[PDB]
Amino acid sequence: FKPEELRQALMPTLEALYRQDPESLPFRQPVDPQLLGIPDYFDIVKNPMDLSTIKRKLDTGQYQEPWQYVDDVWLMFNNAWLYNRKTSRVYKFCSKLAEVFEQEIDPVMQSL
Ligand SMILES: CO[C@H]1CC[C@H](n2c([C@@H]3CCCC(=O)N3c3ccc(F)c(F)c3)nc3cc(-c4c(C)noc4C)ccc32)CC1
């Protein structure tokens, strides 16, 4: 896969996530535990991930294969479901994005 081919193919799946508003808002920048006053965040989440990081990796051609992109998107979701309680808005927004991602990534992976 050329990185331009991955970027062209996968960027619309990422755009679909950013289009979810307000559901994407907590995911658009890395969690900042100082600002949010949650010093245990990095005790629980050892490999942080967010949309800005994924976007940067796509933009710069850091993914060799599409599964690596998919793995990072799932890492972001898994981190949020891990840290946050299921009653929280952030966990529910995570679930909403995951549903959108599933629906958009499926045909794309098949094309590829
Ligand atoms: C610049 O705007 C942002 C919106 C999300 C704000 N925020 C908020 C704020 C705190 C105030 C209460 C509140 O409702 N927030 C909030 C704000 C907007 C949302 F869309 C949302 F779901 C939640 N909580 C966040 C939680 C997380 C989070 C993620 C993702 N994974 O683990 C943790 C913890 C990330 C961001 C959170 C921080 C400022």
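Using the numbering of the PDB entry, the residues shown for chain A are 1085-1196, in order. All ligand and atom numbering here is 1-based and tracks the order in the structure. Below, all heavy atoms of this structure are taken into account, side chains as well, without hydrogens, waters or symmetry copies.
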Undergrad: Specify the chief binding partner of ligand 1 in this model, using its name in UniProt.
TA: CREB-binding protein
Undergrad: Can you identify the drug or drug candidate present at ligand 1?
TA: inobrodib
Undergrad: Which chain residues come within 4.0 Å of inobrodib (ligand 1), judged by heavy atoms?
TA: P1106, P1110, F1111, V1115, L1120, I1122, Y1125, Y1167, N1168, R1173, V1174, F1177
Undergrad: Could you tell me whether atom 33 (C) of inobrodib (ligand 1) has a protein heavy atom closer than 4.0 Å?
TA: yes
Undergrad: Does inobrodib (ligand 1) come near enough to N1168 that some N or O of the ligand is less than 3.5 Å from an N or O of the residue?
TA: yes
Undergrad: Identify the closest protein heavy atom to atom 3 (C) of inobrodib (ligand 1): which residue and atom is it, and at what distance?
TA: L1109 O, 4.5 Å
Undergrad: I'd like to know if atom 11 (C) of inobrodib (ligand 1) has any protein heavy atom within a distance of less than 4.0 Å.
TA: no
Undergrad: Can you sort out which atoms of inobrodib (ligand 1) are near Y1167, meaning under 4.0 Å from one of its heavy atoms?
TA: 32 (O), 34 (C)
Undergrad: Taking 4.0 angstrom as the limit and counting only heavy atoms of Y1125, give me the atoms of inobrodib (ligand 1) inside it, by number and element.
TA: 32 (O)
Undergrad: Which residue and atom name correspond to the protein heavy atom nearest atom 8 (C) of inobrodib (ligand 1), and how close is it?
TA: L1120 CD2, 4.2 Å
Undergrad: What UniProt domain of chain A accounts for most of the contacts with inobrodib (ligand 1)?
TA: Bromo
Undergrad: Are there protein heavy-atom neighbours of atom 6 (C) of inobrodib (ligand 1) below 4.0 Å?
TA: no
Undergrad: Strictly less than 4.0 Å: does any protein heavy-atom distance to atom 39 (C) of inobrodib (ligand 1) fall in that range?
TA: no
Undergrad: Determine, counting only non-hydrogen atoms of the protein, whether one lies under 4.0 angstrom from atom 30 (C) of inobrodib (ligand 1).
TA: yes
Undergrad: Can you confirm whether something in the protein, heavy atoms only, sits under 4.0 Å from atom 21 (C) of inobrodib (ligand 1)?
TA: yes
Undergrad: So is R1173 polar-close to inobrodib (ligand 1), meaning N/O to N/O under 3.5 Å?
TA: yes
